[PDB]
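Complex: zomepirac / Aldo-keto reductase family 1 member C2.
Chain A is numbered as in the PDB entry; shown residues: 4-319, in order. This entry, so its header tells us, was determined using X-ray crystallography, 1.8 Å. Whatever order the structure lists them in is the order used to number ligands and atoms, beginning at 1.
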Amino acid sequence: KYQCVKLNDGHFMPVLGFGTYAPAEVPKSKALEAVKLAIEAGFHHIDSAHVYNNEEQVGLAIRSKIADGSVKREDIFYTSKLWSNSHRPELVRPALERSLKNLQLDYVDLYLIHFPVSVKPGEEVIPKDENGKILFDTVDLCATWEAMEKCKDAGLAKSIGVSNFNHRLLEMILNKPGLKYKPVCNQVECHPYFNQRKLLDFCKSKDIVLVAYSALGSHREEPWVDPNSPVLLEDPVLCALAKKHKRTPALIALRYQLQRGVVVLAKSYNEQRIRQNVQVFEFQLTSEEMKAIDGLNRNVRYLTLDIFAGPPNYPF
Ligand SMILES: NC(=O)c1ccc[n+]([C@@H]2O[C@H](COP(=O)([O-])OP(=O)(O)OC[C@H]3O[C@@H](n4cnc5c(N)ncnc54)[C@H](OP(=O)(O)O)[C@@H]3O)[C@@H](O)[C@H]2O)c1
Ligand SMILES: Cc1cc(CC(=O)O)n(C)c1C(=O)c1ccc(Cl)cc1
């Protein structure tokens, strides 16, 4: 058994997920070994995406742990994400089908709209003109969502959701005429320096699960993250809490999310930190401790993706 939450479509999501993004200089081989370790350690929720360029490896890990009797497919919750070069409705299903072929899985548990700003169709994830300008595309996300709904109806994705949506863009989906399925989640940056209370409360009021990424303060990979930004795991209050509970600042930060009703992702390619992260289920925080963590909030957004700034659908 393991801790899950009931999503608004009746499906269940394990409340701790393993993140599989690594900076490109990290060889892809490490993704295979890390996912296997995450499964061995007790992760039952694995988070990937087309744009991470690791689905062949992450799929192999999963296949391998099923084929060796370590786990059953129904006890893995696997998430992929529709990249912005495939927002046009007629491209959505082929994108999912391509991810499924790379993975050699029959279905994904969750398929998200990865980012709300669209770019031109093609193999290139960030297509650029001869002058280096990003090739933006104009697409109605409500049609993109209809095509997601059809992928759910075909059993290719058991659930569908969004990522890096803001209040306006969620409402756009929720208030859509002929809406068949709400998004089960909104996967966004969330951690003690950016606790997203406002958007969290919104998602709760609509029974949408907030899934927290960069819950440990992110890769801090340049140019995506300003190396001046504060180091989450170095916070004195988190480090004090960690010492007091004989845990780590990372564990405190993960536990914080679980108790506030957020599903939390943790990336690590390190065998010891992978095993350590599942200890989030071994302790609990008091109301006073949770309030202290709430006080760390400083509106620090690490991941702006501001190369996609300009178009109306840029969410930040
Ligand atoms: N939807 C989106 O747009 C989006 C955006 C960003 C991320 N994500 C998803 O969210 C996942 C996680 O976010 P993210 O990669 O920024 O990083 P995240 O998990 O905050 O972690 C950042 C760093 O923490 C380290 N770490 C892990 N456990 C630790 C521990 N117990 N003690 C000290 N350090 C620890 C990792 O290094 P080691 O590997 O060396 O342990 C990693 O570099 C991604 O892998 C991806 O699946 C989605
Ligand atoms: C697009 C994108 C968005 C995210 C945020 C996330 O979900 O973590 N990542 C990590 C990427 C890439 O991997 C990426 C791949 C190829 C190129 Cl050229 C640029 C970025």
_Mapping of zomepirac to structure_ = ligand 2
*Out of curiosity, is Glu127 lining zomepirac (ligand 2), as in a heavy atom under 4.0 Å away?*
no
*Could you tell me which residues UniProt lists as binding NADP(+) in chain A have a heavy atom under 4.0 Å from zomepirac (ligand 2)?*
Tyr24
*Source of chain A according to the entry*: Homo sapiens
*Protein heavy atom at shortest distance from atom 14 (C) of zomepirac (ligand 2)*: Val54 O, 4.1 Å
*asked:* Below 3.5 Å, N or O to N or O, backbone or side chain included: is there any such pair between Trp227 and zomepirac (ligand 2)?
replied: no
_Shared residues: UniProt substrate site in chain A vs. heavy atoms under 4.0 Å from zomepirac (ligand 2)_ = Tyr24, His117, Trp227
*Which UniProt active-site residue of chain A has the minimal heavy-atom contact distance to zomepirac (ligand 2), and what is that distance to one Å?*
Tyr55, 3 Å
*Among all protein heavy atoms, pick the one closest to atom 19 (C) of zomepirac (ligand 2) and tell me residue, atom and distance.*
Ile129 CD1, 3.4 Å
*Tell me which protein heavy atom sits closest to atom 7 (O) of zomepirac (ligand 2), plus the residue, atom name and distance to 0.1 Å.*
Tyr55 OH, 2.6 Å
*Which atoms from zomepirac (ligand 2) have a heavy atom of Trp86 less than 4.0 Å away?*
1 (C)
*If you have a sec, work out which protein heavy atom is nearest atom 17 (C) of zomepirac (ligand 2) and how many Å separate them, to one decimal?*
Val128 CG2, 3.8 Å
_Any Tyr216 heavy atom less than 4.0 Å from zomepirac (ligand 2)_ = no
*Check whether any N or O atom of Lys84, backbone or side chain, sits under 3.5 Å from an N or O atom of zomepirac (ligand 2), and answer yes or no.*
no
*Extract every residue of other chains having a heavy atom under 4.0 Å from zomepirac (ligand 2).*
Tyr24, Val54, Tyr55, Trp86, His117, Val128, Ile129, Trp227
